[PDB]
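Numbers for residues simply follow the sequence, beginning at 1. So how was this one determined? The header says X-ray crystallography, 3.6 Å. FYI, side chains are in, hydrogens and waters are out, and symmetry mates aren't considered; it's all heavy atoms of this structure. Both ligands and their constituent atoms are indexed starting at 1 by order of listing.
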Amino acid sequence: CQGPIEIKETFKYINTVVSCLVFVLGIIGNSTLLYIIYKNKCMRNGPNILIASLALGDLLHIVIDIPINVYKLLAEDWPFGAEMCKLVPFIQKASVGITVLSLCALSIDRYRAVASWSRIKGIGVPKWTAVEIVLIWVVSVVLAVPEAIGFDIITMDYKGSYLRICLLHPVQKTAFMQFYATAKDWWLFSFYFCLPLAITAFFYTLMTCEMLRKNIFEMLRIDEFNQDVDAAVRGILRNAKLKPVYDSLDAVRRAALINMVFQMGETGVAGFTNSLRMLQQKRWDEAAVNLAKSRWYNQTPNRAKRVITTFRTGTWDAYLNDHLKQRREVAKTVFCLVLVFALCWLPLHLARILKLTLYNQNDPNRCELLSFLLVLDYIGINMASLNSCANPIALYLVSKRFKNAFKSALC
Ligand SMILES: COc1ccccc1Oc1c(NS(=O)(=O)c2ccc(C(C)(C)C)cc2)nc(-c2ncccn2)nc1OCCO
């Protein structure tokens with residue numbers, strides 16, 4: 001049909017608006033972030049230098065994506081020359097590669113060592129951050145060479161005036177590129193989206209599950225033996241009155257229950273049948289006022305208030321220390337950065353795998369199908385561009401340390 005033409009022409013209004021917003025917000029946000037990391041000495045040494053690298057991949061994504069490619073939506077003929085069309089997707093593919101790979105090395109270095117007092121997990125090597133930044137950019141350049149080598153320009157003579165263009169050549173010289181030509185939509189999706197997100201989520205989960213276990217060791221060392229904490233869990237499951245309420249509680253409340261078990265034993269905790277039933281029914285304020293009425297509070301008021309506060313609040317506010325602040329800070333920064341990425345490259349990566357799997361020219365239901373696919377793909381482009389500019393903002397909102405470091409540059 002001739003319907004989706006109006007969609008493309010109308011969307012030209014959206015892309016020019018987004019790209020210009022993305023450009024201004026992108027250059028300012030990453031520059032601020034970049035100046036912040038190098039002004040601070042602890043972050044210059046700390047693994048947050050990887051975030052300074054990510055700010056470079058984002059900032060470089062901005063200055064290749066917005067200037068060159070937005071120029072090609074306005075100008076119908078490709079006007080930069082032959083070398084440039086090998087260079088631009090090279091630059092853009094390597095740039096995205098930097099952003100994903102900076103995320104991965106960040107979470108791996110965070111799991112290797114949570115903070116300065118931590119012990120590196122395996123194969124400690126001095127000044128790893130410098131070594132890791134070098135490896136990230138090289139691999140990002142490598143993954144983008146297939147774009148650069150195969151990108152030549154083709155001349156077409158259109159229905160109106162003639163116009164030359166540039167895309168990835170279908171006719172290719174090496175069997176290397178002939179393979180890459182067809183399987184690029186997967187390569188772009190199976191790598192840039194899957195491997196970075198699979199690797200980063202895996203270490204983030206390993207790290208957060210380790211943080212929790214150490215916070216339990218931390219809270220028990222505060223109120224008063226790693227095998228003792230696991231034997232308590234093993235013994236809680238064996239006790240019949242504690243297993244059901246235990247399985248219902250979340251890891252935070254399970255810890256306070258574990259804390260209660262370390263004082264009185266299983267037999268002693270099993271007596272709060274009124275309070276245990278209230279915890280199962282999620283009536284937190286009730287049991288908190290009800291646990292205050294216990295003799296347990298009178299024997300040790302200070303410690304009980306914290307355990308009661310932990311049951312009431314569900315967060316370690318009563319157990320806040322140096323570690324628990326740091327563990328929460330790192331985990332929130334890593335989590336927020338991956339979530340920003342995933343939500344911005346899913347719409348685009350999902351556009352591609354949906355177009356390759358089920359698309360055929362024979363049917364006439366295309367113009368309802370095609371209209372749906374081109375629209376969602378154009379948004380995915382604006383999503384991916386938004387990621388390049390929404391990373392520096394994301395750190396301010398969910399990182400107390402970054403929100404203050406920006407405020408230090410403010411004043
Ligand atoms: C990270 O790599 C990608 C993985 C999956 C999808 C896209 C990817 O990178 C891309 C991507 N890769 S691509 O399809 O192979 C490509 C590269 C280069 C060109 C030019 C303009 C001819 C030089 C066309 C198409 N193309 C575009 C995109 N932009 C404008 C319009 C048409 N296409 N946006 C992406 O995302 C970033 C958004 O600013």
Open item on the list: Mind telling me what drug shows up at ligand 1?
Closed with: bosentan
TODO: State what bosentan is bound to in this structure, picking the chain with most contacts and naming it per UniProt.
DONE: Endothelin receptor type B
Open item on the list: Which transmembrane segments of chain A does bosentan cozy up to, meaning a heavy atom under 4.0 Å? Go by UniProt's count from the N terminus.
Closed with: 2, 3, 4, 5, 6, 7
